[PDB]
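Entry featuring ensitrelvir.
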Amino acid sequence: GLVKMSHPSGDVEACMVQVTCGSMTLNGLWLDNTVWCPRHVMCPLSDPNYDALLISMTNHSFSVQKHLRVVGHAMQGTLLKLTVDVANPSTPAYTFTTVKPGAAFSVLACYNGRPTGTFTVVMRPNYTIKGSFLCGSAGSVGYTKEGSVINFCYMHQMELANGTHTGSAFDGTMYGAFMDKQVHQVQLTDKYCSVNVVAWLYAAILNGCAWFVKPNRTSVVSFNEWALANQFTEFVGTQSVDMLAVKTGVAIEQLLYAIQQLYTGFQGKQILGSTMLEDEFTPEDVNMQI
Amino acid sequence: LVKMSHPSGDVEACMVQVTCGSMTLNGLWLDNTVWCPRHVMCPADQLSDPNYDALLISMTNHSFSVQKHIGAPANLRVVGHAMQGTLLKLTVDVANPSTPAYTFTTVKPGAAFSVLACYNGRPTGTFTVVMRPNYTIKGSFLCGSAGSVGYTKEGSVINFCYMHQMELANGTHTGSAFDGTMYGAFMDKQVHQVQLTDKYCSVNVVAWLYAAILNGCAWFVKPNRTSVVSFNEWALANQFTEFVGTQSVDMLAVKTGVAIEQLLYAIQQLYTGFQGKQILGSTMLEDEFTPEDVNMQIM
Ligand SMILES: Cn1cnc(Cn2c(=O)nc(Nc3cc4cn(C)nc4cc3Cl)n(Cc3cc(F)c(F)cc3F)c2=O)n1
Ligand SMILES: Cn1cnc(Cn2c(=O)nc(Nc3cc4cn(C)nc4cc3Cl)n(Cc3cc(F)c(F)cc3F)c2=O)n1
């Protein structure tokens, strides 16, 4: 069976700081001479004018604590870019790439600048995540690692009226275009991550559970038109999926056909003990864990 | 309801690679001591029947090489060696300057801890497991993970509770407590060993049903009740642990208004299968969430 696995968090722990502006406080991320944090900390809340708020900021509007003097301030989308006079001596090698729905990443949950827990989520097709966050977590950070390069991909912003969560990429854009204000907002309807359901079926086949494999095939292009009408994402193949097809001898298109049948029901059978489709493990997860 | 682990940085700073002859695995560097599994002493002949007492006598301080790869790299010299149960206690001539405040305590079945999986002294992943009623854990471990460390954290104090030793069957593992005793009394040698049958951790199943009620999923709740004593007689016959209430569980009962005995009755109906229904996105009973975990996460 598959195990939820997160990256070691030490590297990122060393970058977490607390940012306070007026009576607001949250978490920031300190890289080199810059502290990133959500611009909501500038707000005195239901409909802020962040452009005016930025103008009103003065030399000592922000205070940064590591559990740091601010020399400049800028805004990049829904994030603030705060210049500090001391460079983080433990800045990892990093990139800022936006994650796509179905991709997994690790989250370091923090409160007032202190790391408290870590877990892994997949970005949902409706650009929310199913995290575990309490009040005081605004500015917590999500990331993947490739080699020793950290890709920072998520800065936490808000809990929606569901239990679901959203935030920003470090280019400043909010995932799913949610507005960083306290107004009722409703997410789009979620979908199954097709490529992840495919990975899970491959995991089943690797563990001896393969009754759903038939010779029938459904092409990618044909599955994708069906998916638009049945709350699945578009399937996009990857070399990681190809590796699963090679070591099982079962082609993607056989599994696309199987999903079409399984969406109707499992007949009277189980898959890896479950009678529901699973889309929270990626092809990369299955490759490295089986 | 996410699988939550402690931030791993405190423990990452203590992981080292330990080598002896042709064997290499992970060690834990705390002050002037490096802890690692004693299997690192075992030669290729005798991997199935080692004489660790004799192996230890044949060893010198010079038999052991120790490196720290991540963070500030490694100048460690072994100046002493001892064996404690299934663990080696190596003494080095530099005290780890990032040693956390720590304790050694053995965990009991049903309790959860974080694991930092490492390979050749390099941390690669973290996850949370529960100590199973048959004294195994179901982690994600590959070859080269022997000596990876499990732990909890309370305030500033890390409790180290697990040093990974062996894969018993696919996906089933065991290890030592830091007093050196193997969980489940498994033997640290290359031989097939059968484990006792696993059981559902009843108090964690109860915590999870409370989490479902808190989240608006309560179709399984009936007025009907089963007493603790009568449930525990049933559990003996159905591979469930004995239910033992705690203050953490009582908090959930007060908040939801649903008595423990109502959920004990519901478990008896739900192990007969969910019919076609789901609970918190699952079609089977879940027992890896503790009452403390549910109280923490759902407040
Ligand atoms: C339950 N929950 C789960 N995730 C979250 C995230 N979250 C948060 O941690 N804080 C928020 N509001 C603040 C209140 C403050 C009080 N002080 C003294 N300082 C504060 C700082 C913040 Cl950020 N919010 C709400 C929220 C945050 C935003 F970034 C935003 F644009 C709009 C919002 F309505 C929040 O969701 N809470
Ligand atoms: C798939 N898997 C999941 N968990 C494990 C744990 N595990 C392990 O990582 N290594 C082991 N044997 C070694 C071989 C070595 C080869 N070199 C060069 N160095 C080695 C070091 C070790 Cl420890 N084992 C097997 C094993 C380990 C013990 F500690 C023991 F007492 C008996 C055993 F059969 C292992 O289970 N692998």
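Order of sequence lines = order of chain letters (A, B, ...). Residues displayed in chain A correspond, in order, to the PDB entry positions 2-45, 49-71, 78-300. Residue numbering for chain B follows the PDB entry, covering 3-301 in order. Note that ligands are numbered from 1 as they come in the structure, with each ligand's atoms numbered from 1 the same way. Any value given below was found using the heavy atoms of this structure, including those in side chains, with hydrogens, waters and symmetry copies removed.
- Contact analysis gives the chain with most pairs under 4.5 Å to ensitrelvir (ligand 1) as the one the PDB entry calls ORF1a.
- Other chains reaching under 4.0 Å from ensitrelvir (ligand 1) with at least one heavy atom: A.
- Between atom 2 (N) of ensitrelvir (ligand 1) and the options A:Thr176, A:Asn122, A:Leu144, the minimum heavy-atom separation is to A:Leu144.
- Residue contacts with ensitrelvir (ligand 1) for A:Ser24 involve N, CA, C or O but no side-chain atom from C-beta outward (heavy atoms, distance under 4.0 Å).
- Going by the entry, the organism behind chain A is Middle East respiratory syndrome-related coronavirus.
- Taking each of A:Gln167, A:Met25, A:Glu169 in turn, the one with a heavy atom nearest to atom 24 (N) of ensitrelvir (ligand 1) proves to be A:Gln167.
- Proximity of A:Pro39 to ensitrelvir (ligand 1), defined as any heavy-atom pair under 4.0 Å, is not found for any part of the residue.
- For ensitrelvir (ligand 1), no other ligands or ions have an atom under 4.0 Å away.
- Residue-ligand proximity: A:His166 is placed with a non-hydrogen atom under 4.0 Å from ensitrelvir (ligand 1).
- Listed by atom number, the atoms of ensitrelvir (ligand 1) under 4.0 Å from A:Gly146 heavy atoms are 8 (C), 9 (O).
- In summary, the atoms of ensitrelvir (ligand 1) found under 4.0 Å from a heavy atom of A:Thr26, numbered by their order in the structure, are 19 (N), 20 (C), 21 (C).
- Interface atoms of ensitrelvir (ligand 1) facing A:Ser147, defined by a heavy-atom separation under 4.0 Å, are 4 (N), 5 (C), 6 (C), 9 (O).
- The part of A:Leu27 lying near ensitrelvir (ligand 1) is the side chain, judged by heavy-atom distances below 4.0 Å.
- The set of residues with a heavy atom less than 4.0 Å from ensitrelvir (ligand 1) is A:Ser24, A:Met25, A:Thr26, A:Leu27, A:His41, A:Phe143, A:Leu144, A:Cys145, A:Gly146, A:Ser147, A:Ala148, A:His166, A:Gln167, A:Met168, A:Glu169, A:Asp190, A:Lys191, A:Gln192.
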